[PDB]
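Heads up: numbering here begins at 1 and tracks the sequence. Whatever order the structure lists ligands and atoms in, that order sets their numbers, starting from 1.
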Amino acid sequence: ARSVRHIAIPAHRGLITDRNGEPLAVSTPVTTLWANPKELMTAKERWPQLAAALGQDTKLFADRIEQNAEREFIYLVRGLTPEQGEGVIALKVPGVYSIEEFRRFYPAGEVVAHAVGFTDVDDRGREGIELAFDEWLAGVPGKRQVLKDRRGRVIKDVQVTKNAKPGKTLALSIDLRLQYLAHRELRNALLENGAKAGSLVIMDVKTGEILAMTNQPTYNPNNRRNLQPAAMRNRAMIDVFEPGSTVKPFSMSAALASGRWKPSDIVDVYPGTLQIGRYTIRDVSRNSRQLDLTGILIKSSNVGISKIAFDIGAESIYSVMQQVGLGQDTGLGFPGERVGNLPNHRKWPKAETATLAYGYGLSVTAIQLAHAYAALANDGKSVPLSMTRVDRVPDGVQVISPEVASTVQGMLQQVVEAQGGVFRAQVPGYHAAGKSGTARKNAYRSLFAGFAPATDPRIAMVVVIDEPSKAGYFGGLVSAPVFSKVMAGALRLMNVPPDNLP
Ligand SMILES: *C(=O)[C@](NC(=O)[C@H](C(=O)O)c1ccsc1)(OC)[C@@H]1N[C@@H](C(=O)O)C(C)(C)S1
């Protein structure tokens, strides 16, 4: 006859900003319309105007009400503007009710779609930060007591038994200015090279903060009608790859820490191949005999790094890679984040020793690679990763000795600045450091990973471009130019003083 029931009071989802307070996700007030069929059934002459207001066929609308004439609740539509919300309310139909709800808008849209993420139809987080910090952002909902009659007509609002608590504001580590630069330059590299996909990550080597994370393809998270799923992949965090030659500096770190190698030591790489039973190690350029350790990185000799790997043992290389976080949990607690794999064999045969040392037989993400380079640039100290603005920097872990990291930094500066090096990664006005890669998946992954300024490193960056088709595929020519252009702008946006001085 008269029954007490409780209706959920939706809560306003917390504002997401970039590190500078620019809005990235905002809760917009929407109006949801529900109906009591049992009441609607007493006012059928109003139905047609309501169907039209909801853009529905009059017969399909009517059929649906009749089919649910037993129920006391149905959604009519979720998530109208309050202006179109009022339109339907004006129609004054018995048994139509309104709930005030919230809809996310993403001001920056596709520029930061993967990082910021997406909410489902219930305003819960579903991809990216929205998912990872859903508990922070969501906000516990409210409860109001209503009286209903036996037909389920809402007679009376009685009281609020639990206040809605709004979700909490969250400032990302992302800098929208760098995020826009990275986005623009990665899109243009994708189109210039007719490539299938790519990622670019920018990290603060001192604070562990991710300043930019971008992927192609991307999508407009404000356009909830397409949802092409391949464009929704946050590739920087969920696509694993063999990193190939971008891990040679970690091989070189193991070599320098072994006590068996100094930078001026020499390896004979002639004739640019080496038989390992069934396997044959090949250098792309084979006009070399004696190379020093720096030369082995400038020419990316697989023969040279392999011979060093045989001398020092796979264990020492595995150890460095594990300590800098290759194939390791990032601690970011993004659900569905990929960890890849760094297989720890007890002893390694020669084949597996060589392939590890030049970046096959492990799987990593662009974010792990960027983090690893961050530790190398930060004098061998790994600072924990963050996707949220860091006020108080947590203690880092010394994973490579400062002398060794300093020495390898210098070698990577030579990889960029030396005769026959990756000149396309040069950053006019600054000393930049890094290493190119070109990985087989004929299908190629183009890689460049590095940091700047070499004098006092601030920024680590990774560029991954999947299946370039138009103009070659070497990391040194496809990805290096992107690193150059994004590092040119990012350093200046952060007011990092040019270090290419007397
Ligand atoms: C590292 O990435 C690199 N890559 C290769 O040797 C490739 C392979 O595995 O066959 C490759 C050779 C020709 S095209 C792809 O060594 C494991 C070397 N580093 C690359 C780079 O710096 O971009 C080279 C110079 C292409 S070879």
Colleague: Just wondering, what drug is modeled at ligand 1?
Modeller: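 You're looking at temocillin (bound form).
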Colleague: Mind checking which chain temocillin (bound form, ligand 1) touches most? I'd like its name from the PDB entry.
Modeller: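 Most contacts: Peptidoglycan D,D-transpeptidase FtsI.
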Colleague: Applying a 4.0 Å heavy-atom criterion (strictly less than), which segment of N302 is in contact with temocillin (bound form, ligand 1): side chain, backbone, both, or neither?
Modeller: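 Side chain only; the backbone of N302 stays clear of temocillin (bound form, ligand 1).
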Colleague: So which bit of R282 gets within less than 4.0 Å of temocillin (bound form, ligand 1), heavy atoms only: side chain, backbone, both or neither?
Modeller: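 Neither; no heavy atom under 4.0 Å.
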Colleague: According to the deposited model, which residue and atom hold a covalent bond to temocillin (bound form, ligand 1)?
Modeller: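 The covalent anchor is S245 OG.
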Colleague: Where's the contact between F474 and temocillin (bound form, ligand 1), heavy-atom distance under 4.0 Å: side chain, backbone, both or neither?
Modeller: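 It is the side chain that touches temocillin (bound form, ligand 1); the backbone stays farther off.
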Colleague: Of the protein's non-hydrogen atoms, which lies at the shortest distance from atom 13 (C) of temocillin (bound form, ligand 1), and what is that distance?
Modeller: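 It is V284 CG2, 3.3 Å.
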Colleague: Which residues would you count as binding temocillin (bound form, ligand 1), with heavy atoms within 4.0 Å?
Modeller: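 The heavy-atom contacts are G244, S245, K248, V284, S300, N302, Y358, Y360, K435, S436, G437, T438, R440, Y444, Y473, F474, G475.
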